[PDB]
Amino acid sequence: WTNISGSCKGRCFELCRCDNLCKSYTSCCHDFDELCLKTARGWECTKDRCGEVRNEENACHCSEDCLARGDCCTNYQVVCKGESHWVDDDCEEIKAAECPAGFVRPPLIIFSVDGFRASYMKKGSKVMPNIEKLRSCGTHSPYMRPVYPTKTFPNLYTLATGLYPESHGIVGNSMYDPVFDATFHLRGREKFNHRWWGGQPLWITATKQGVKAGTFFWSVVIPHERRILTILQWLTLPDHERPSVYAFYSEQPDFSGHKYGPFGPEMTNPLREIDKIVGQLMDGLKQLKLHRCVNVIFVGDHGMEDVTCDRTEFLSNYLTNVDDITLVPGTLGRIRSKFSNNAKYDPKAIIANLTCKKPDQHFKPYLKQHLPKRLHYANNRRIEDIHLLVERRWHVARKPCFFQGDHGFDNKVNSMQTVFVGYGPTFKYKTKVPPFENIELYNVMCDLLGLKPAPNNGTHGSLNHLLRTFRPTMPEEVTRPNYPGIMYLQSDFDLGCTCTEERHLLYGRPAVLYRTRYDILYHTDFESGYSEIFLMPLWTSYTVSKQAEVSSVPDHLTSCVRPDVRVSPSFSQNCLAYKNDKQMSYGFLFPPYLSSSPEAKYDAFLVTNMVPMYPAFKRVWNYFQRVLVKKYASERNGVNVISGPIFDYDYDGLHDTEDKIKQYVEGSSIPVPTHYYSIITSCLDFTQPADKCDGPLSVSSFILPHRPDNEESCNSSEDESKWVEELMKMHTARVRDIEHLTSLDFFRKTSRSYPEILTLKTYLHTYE
Ligand SMILES: *[C@@H]1O[C@H](CO)[C@@H](O[C@@H]2O[C@H](CO)[C@@H](O[C@@H]3O[C@H](CO[C@H]4O[C@H](CO[C@H]5O[C@H](CO)[C@@H](O)[C@H](O)[C@@H]5O)[C@@H](O)[C@H](O[C@H]5O[C@H](CO)[C@@H](O)[C@H](O)[C@@H]5O[C@H]5O[C@H](CO)[C@@H](O)[C@H](O)[C@@H]5O)[C@@H]4O)[C@@H](O)[C@H](O)[C@@H]3O)[C@H](O)[C@H]2NC(C)=O)[C@H](O)[C@H]1NC(C)=O
Ligand SMILES: CCc1nc2c(C)cc(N3CCN(CC(=O)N4CC(O)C4)CC3)cn2c1N(C)c1nc(-c2ccc(F)cc2)c(C#N)s1
Ligand SMILES: *[C@@H]1O[C@H](CO)[C@@H](O)[C@H](O)[C@H]1NC(C)=O
Ligand SMILES: [Ca+2]
Ligand SMILES: [Cl-]
Ligand SMILES: [Cl-]
Ligand SMILES: [Cl-]
Ligand SMILES: [Mg+2]
Ligand SMILES: [Zn+2]
Ligand SMILES: [Zn+2]
């Protein structure tokens with residue numbers, strides 16, 4: 001209960017209740033609506049109202065005293081004192097923060113916009129003149145990549161925390177938690193309960209370190225114009241109460257985008273309306289002389305794609321009993337049993353029945369651990385085991401148009417990409433930066449406010465090139481390598497088997513960042529870090545020049561496997577284990593096919609180059625190694641390739657210890673990888689060959705799932721040239737994803753600054 005006879009006079013939107021959540025499922029004071037939500041005579045002055053008698057019933061004021069009180073209309077001195085709009089002024093550089101004396105730091109305003117597709121910036125100064133001036137005058141990128149699923153709640157909270165949805169808990173707009181036995185929905189009281197929201201959002205991080213925060217939630221009752229005036233009012237408060245971080249949120253252009261689709265003619269007016277709101281903010285900041293003091297982030301949560309009811313796949317066309325499953329539908333699918341203790345429910349049968357039933361099926365089923373690792377969408381009990389990736393432009397529903405637009409698809413889809421602009425004293429002047437992921441902004445926003453960020457999934461230092469003015473450190477090597485010479489006789493081995501750095505290790509040896517034991521093994525054509533714990537290489541580095549020749553293996557040397565005299569028999573694999581395992585075969589990390597001579601080819605058959613590989617996966621690996629590596633080398637002027645295994649049985653995106661591994665080669669202690677990776681590097685200046693590179697690097701990487709069939713690839717019955725490249729692209733990855741998965745640290749000795757290397761490690765080759 002609260003005594004609502006108490007007033008909100010002189011405390012509207014305070015930091016009885018008068019806060020932004022008091023209309024949600026609480027209760028405001030009796031005069032909240034009268035005092036705080038005044039809408040009389042609009043949000044703009046006229047020549048008629050200039051120097052008028054002050055009326056407290058007005059929404060904003062044009063009287064002579066309004067400036068000292070800090071509640072002028074945003075255009076007051078434009079209309080009444082003959083000043084120009086902020087937009088009409090010439091672009092002047094801010095070489096330092098021009099804040100009133102008393103300010104301890106420049107303020108940050110985060111202007112978030114729902115469903116702002118990246119291609120909307122193409123409209124230009126005709127439709128959005130304020131946003132366009134912010135973009136051209138400040139720091140900007142072509143786009144910003146959201147997280148998966150590309151929905152509002154997961155992305156806005158990712159922006160707040162720097163965390164993947166699996167880690168912060170908001171894995172969807174809709175979700176079920178089986179420990180709570182409760183459902184989160186866009187509509188309802190449940191979403192306000194704190195138990196759903198993990199991590200530490202920017203506003204808590206700020207408050208804990210002595211920095212006051214504005215509201216990061218506005219009620220839908222409060223109009224957009226009031227929100228701006230509230231922020232401007234808070235900026236005029238005294239030094240003890242004045243916040244340093246502020247947020248604005250708009251539900252446009254999302255709401256319109258759903259109705260009319262991203263390229264509808266009706267989209268123009270919503271964009272005009274948003275820019276009108278941005279113009280009020282900049283004009284109001286100019287009135288306060290804070291227009292060269294505040295840092296402003298214009299950011300979206302995701303894009304928008306053409307979707308209609310005609311393009312709906314129905315699960316009832318694939319499964320028999322759709323009345324026994326619950327489906328979270330639309331631009332993604334999540335399937336679970338409707339009733340617990342249902343013996344008729346079979347997950348394998350559901351996945352089999354959804355797998356490659358038509359030539360042109362517009363979704364694909366996955367167990368969540370088999371999803372592309374770049375999505376980081378497994379490690380949460382709120383994410384269901386069965387997942388459907390839906391093809392762009394389509395929906396999935398259970399069984400059988402108001403809307404023309406939707407989103408939520410795979411976060412590398414062009415139409416899901418969104419927007420970023422940074423403008424102010426701490427952002428650079430007229431600078432263009434490469435695309436980046438929204439997980440990185442938490443760290444930047446902490447830097448901008450002088451805060452120590454909480455542990456997050458950004459790579460602190462990767463966005464230093466956005467700011468005019470944090471120094472990142474390279475991690476400490478935990479285990480030093482051994483460099484074994486010849487230590488064992490050929491006759492010491494009973495494995496049942498029968499029969500450099502300047503060229504092949506260009507960017508230093510990788511640093512092992514966990515406690516283990518491993519050997520560096522040199523060869524003519526390749527180098528490797530051989531693990532005596534996991535009985536295979538952690539990594540294998542080799543360089544293929546532009547004009548390198550692919551030979552083949554002679555018929556008699558097909559099953560050649562040789563003991564390596566530098567490694568003990570008891571820390572080596574054996575062929576007998578592979579003969580006994582009916583389901584498992586083996587492959588090589590450096591391919592025999594790319595040997596520089598017949599003599600060197602014998603090094604590639606060493607037991608220390610061998611790795612366990614299902615026959616179905618060898619179809620993928622042989623095509624990658626024999627055909628594609630030469631093709632990449634030809635096209636990129638040679639390539640350096642680093643390949644190795646990944647073990648992630650608990651699908652948490654992090655390198656497994658020994659106890660997490662659930663699958664070994666039959667009757668052995670040879671662990672089976674869940675995935676295989678490659679990091680393919682060359683010169684960005686493609687006129688220089690990869691081994692003699694002067695400038696910036698170019699990188700692409702993948703994390704291929706190590707699966708005993710090719711059920712993911714619908715054309716796998718065809719030749720590898722019809723389906724393998726398509727599989728690899730789907731599983732593209734940042735080098736940083738591989739570092740988490742292996743506890744390795746790559747690119748430790750280059751000619752580039754460490755900040756530029758962290759940008760390189762966060763790059764995703766999207767193929768879009
Ligand atoms: C992306 O970055 C993430 C952050 O660096 C990485 O996640 C982190 O991973 C490490 C290693 O696995 C975990 O470390 C273990 O922590 C155990 C204790 O965890 C519990 O306490 C934490 C308390 O934190 C305090 O400070 C934070 C701010 O820093 C405040 O927000 C807290 O309130 C508190 O004051 C807490 O962070 C953690 O939170 C999880 O659990 C709650 C509910 O129980 C969820 O609401 C929340 O979303 C977190 O869930 C996530 O992590 C758990 C595992 O902890 C998963 O099961 C779940 O599915 C979800 O992914 C928790 O309450 C400790 O016993 C161990 O010895 C380790 O030190 C961190 O817990 C974990 N933190 C977070 C926030 O995820 C992530 O690996 C990384 N990913 C990649 C691919 O690189
Ligand atoms: C889709 C719009 C929206 N609607 C709501 C509602 C109704 C509630 C809501 N809550 C209510 C519950 N609240 C609990 C809370 O205070 N904390 C959980 C942490 O421990 C701190 C978390 C957020 C966020 N909402 C949001 N979100 C996610 C918003 N995000 C932002 C946002 C976040 C980060 C930004 F950088 C910019 C804007 C807003 C603003 N301004 S509003
Ligand atoms: C799979 O499809 C077959 C053939 O249409 C059907 O008889 C069977 O019941 C389906 N299984 C499930 C679990 O839906
Ligand atoms: Ca793991
Ligand atoms: Cl300052
Ligand atoms: Cl080369
Ligand atoms: Cl570089
Ligand atoms: Mg076998
Ligand atoms: Zn949204
Ligand atoms: Zn939407």
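Start at 1 with the first residue, then count along the sequence. FYI, side chains are in, hydrogens and waters are out, and symmetry mates aren't considered; it's all heavy atoms of this structure. Just so you know, ligand 1 is whichever comes first in the structure, and atom 1 is the first atom listed for that ligand.
The chain that ligand 2 touches most here appears in the PDB entry under the name Ectonucleotide pyrophosphatase/phosphodiesterase family member 2. Given ouabain, olodanrigan, ziritaxestat, anamorelin, the drug or candidate at ligand 2 is ziritaxestat. The contact residues of ziritaxestat (ligand 2), taking heavy atoms under 4.0 Å, are given as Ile110, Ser112, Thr152, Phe153, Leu156, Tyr157, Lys191, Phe192, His194, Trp197, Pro201, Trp203, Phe216, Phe217, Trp218, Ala247, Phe248, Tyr249.
Of all atoms in ziritaxestat (ligand 2), listed by their number and element, those nearer than 4.0 Å to a heavy atom of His194 are 14 (C), 15 (C), 16 (O), 17 (N), 18 (C). When heavy-atom distances are rounded to 1 Å, the UniProt active-site residue of chain A nearest ziritaxestat (ligand 2) turns out to be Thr152, 4 Å.
Residue contact check: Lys191 has heavy atoms under 4.0 Å from atoms 7 (C) of ziritaxestat (ligand 2).
Those atoms of ziritaxestat (ligand 2) with a heavy atom of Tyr157 less than 4.0 angstrom away are 19 (C).
Contact atoms of ziritaxestat (ligand 2) toward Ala247: 41 (N) (distance under 4.0 Å to a heavy atom of the residue). UniProt's 1-hexadecanoyl-sn-glycero-3-phosphate-binding annotation for chain A and the heavy-atom shell under 4.0 Å around ziritaxestat (ligand 2) share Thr152. Looking at UniProt's 1-tetradecanoyl-sn-glycerol 3-phosphate binders in chain A, a heavy atom closer than 4.0 Å to ziritaxestat (ligand 2) shows up in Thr152. Close contacts of ziritaxestat (ligand 2) with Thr152, meaning ligand atoms under 4.0 Å from a residue heavy atom, involve 1 (C).
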